[PDB]
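Numbers here are sequence positions counted from 1. These values consider heavy atoms only, across backbone and side chains, with no hydrogens, waters or symmetry-generated copies. One-based numbering, in listed order, for ligands and for the atoms of each. For this deposited structure, the header notes the method as X-ray crystallography, 1.1 Å.
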Amino acid sequence: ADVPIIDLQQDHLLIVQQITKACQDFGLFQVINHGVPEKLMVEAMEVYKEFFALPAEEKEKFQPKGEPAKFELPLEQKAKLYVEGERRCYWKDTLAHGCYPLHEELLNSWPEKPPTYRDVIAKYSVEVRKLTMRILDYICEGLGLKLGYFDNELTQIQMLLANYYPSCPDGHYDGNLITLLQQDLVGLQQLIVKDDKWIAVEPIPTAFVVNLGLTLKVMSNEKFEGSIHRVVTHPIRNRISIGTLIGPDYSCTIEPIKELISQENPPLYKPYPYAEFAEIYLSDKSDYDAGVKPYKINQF
Ligand SMILES: CN1[C@@H]2CC[C@H]1C[C@@H](OC(=O)[C@H](CO)c1ccccc1)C2
Ligand SMILES: O=C(O)CNC(=O)C(=O)O
Ligand code: NA
Ligand code: NI
Ligand SMILES: [Sr+2]
C-alpha cells in the first residue's frame, strides 16, 4: 500500500484525492489506465532493446569527443550516451536527450538507427508529456491552484533518460519537477523515510511510475514529499527503464509557490536560480537534498 496504484479512469475527484494523498505521504505512486497507448509503450521499449544491442561502432555516434558524457553542466538536450557513478561486479548506460520543443536541430541529434527510433520516440514523448500535464493538473486541484499553473517555463525541459543496467549477480531525489518512469523488471526501490525502509516498486509493464522531484518539494513548501529512490542491478537480466524527467529551464528562478504561503506556512526556501541548484545537485552527493540546503530558511 506504501506504493499506491492510481487508476486514472476512476471518478475525477477520487483521482485528485488519491494523488494528493500519495504526494503528501510518499512522493511516488503508479498510474494505470492512463491513456498512453500500450502498443506505443511496448514499441518504445523494443526500440531501446534494439538500440542498446547495436554494435559499439554505432554507440560511438553518441559519445561526444569519443567518450561518454557525464551528468554535469551544461546539460545539453542533444542526444548523448552518459555514464553515472561506479559499481563493481559501467553499471548504468543512459541514452538521454531533450524532447520538447522538438526543434529540427534537436531531432537530428536523435538516433537514426534503429530506423523506427524517431517516429516511435517522438510519438511516445508527446503522449508522456500529455499524461504528465494531466497529473500536474490533478496536483493543482489538490493544492488549490488554478489549472495550468505548471504549463509554462516550469515544464520547459523534457529529458528522456533511457537506462541500461548490465546484469550482475554480486539513492537520489530527481532534481527536476516530476518524472514518469516505464519499467518491466524489478529493480526500483523507494525509501519510506518515516520507517527508514527501502521497499520495491512493483514492475507493471503497462503502468507509469510517477515520482515528485526536489523542485516540486520546494515549490509545494514541503507539503508534498520528493521521492528518494534507488535502483538495484538485476542478477540475471539486463534491465532497461525509460524515464521522462520534466522540469524548469536553466534560466528559471525557483521558490515556494507564493499563493500558498501563509502565516502558518512560511516559506522554507528562499528563491534561487535553477542553474545554480543544478550545479550543486549534480556535483554534491553528500546528502540527498544537498542541492537545496543553501536555500533553506525559516528552519525551526
Ligand atoms: C539518476 N540521475 C539523477 C536523476 C537522473 C540521473 C541523471 C541526473 O539528473 C539529471 O540529469 C536531471 C535531468 O533533467 C536533472 C539535471 C539538473 C537539475 C535537475 C534534474 C541525476
Ligand atoms: O531506472 C530506474 O528504475 C529508475 N531511474 C531513476 O531513478 C533515474 O534514472 O533517475
Ligand atoms: Na548480462
Ligand atoms: Ni530517479
Ligand atoms: Sr489515448
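Per the PDB entry, the macromolecule making the most contacts with ligand 1 here is Hyoscyamine 6 beta-hydroxylase. The option from hyoscyamine, azapropazone, zardaverine, oseltamivir carboxylate that is found at ligand 1 is hyoscyamine. The nearest protein atom to atom 13 (C) of hyoscyamine (ligand 1), hydrogens excluded, is given as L75 CD2, 3.8 Å; this is a heavy-atom distance.
Among all non-hydrogen protein atoms, the one lying nearest atom 8 (C) of hyoscyamine (ligand 1) is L282 CD2, 3.9 Å.
Here is the list of hyoscyamine (ligand 1) atoms found below 4.0 Å of a heavy atom in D174: 4 (C). Atom 19 (C) of hyoscyamine (ligand 1) has as its closest protein heavy atom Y274 OH, 3.2 Å. For hyoscyamine (ligand 1), the polar-atom distance check against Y250 finds no nitrogen or oxygen pair separated by under 3.5 Å.
Apart from hyoscyamine (ligand 1), the ligands and ions with atoms under 4.0 Å away are ligand 2 (N-oxalylglycine).
When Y281, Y82, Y173, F71 are ranked by how near their heavy atoms come to atom 7 (C) of hyoscyamine (ligand 1), first place goes to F71.
Considering only non-hydrogen protein atoms, atom 12 (C) of hyoscyamine (ligand 1) sits nearest to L245 CD2, 4.0 Å. Among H229, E84, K285, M159, the residue whose heavy atom lies nearest to atom 6 (C) of hyoscyamine (ligand 1) is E84. Within hyoscyamine (ligand 1), the atoms closer than 4.0 Å to a non-hydrogen atom of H172 are 1 (C), 4 (C), numbered from 1 in the order shown. Only the side chain of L161 comes within 4.0 Å of hyoscyamine (ligand 1), judged by heavy-atom distances. Nearest protein heavy-atom neighbour of atom 17 (C) of hyoscyamine (ligand 1): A278 CB, 3.9 Å. In this structure, atom 20 (C) of hyoscyamine (ligand 1) lies nearest to the protein heavy atom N176 N, 3.6 Å. If you look at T94 next to hyoscyamine (ligand 1), there are no close heavy atoms at all, none under 4.0 Å.
Other-chain residues and nucleotides with a heavy atom under 4.0 Å from hyoscyamine (ligand 1) are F71, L75, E84, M159, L161, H172, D174, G175, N176, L245, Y274, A278, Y281, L282.
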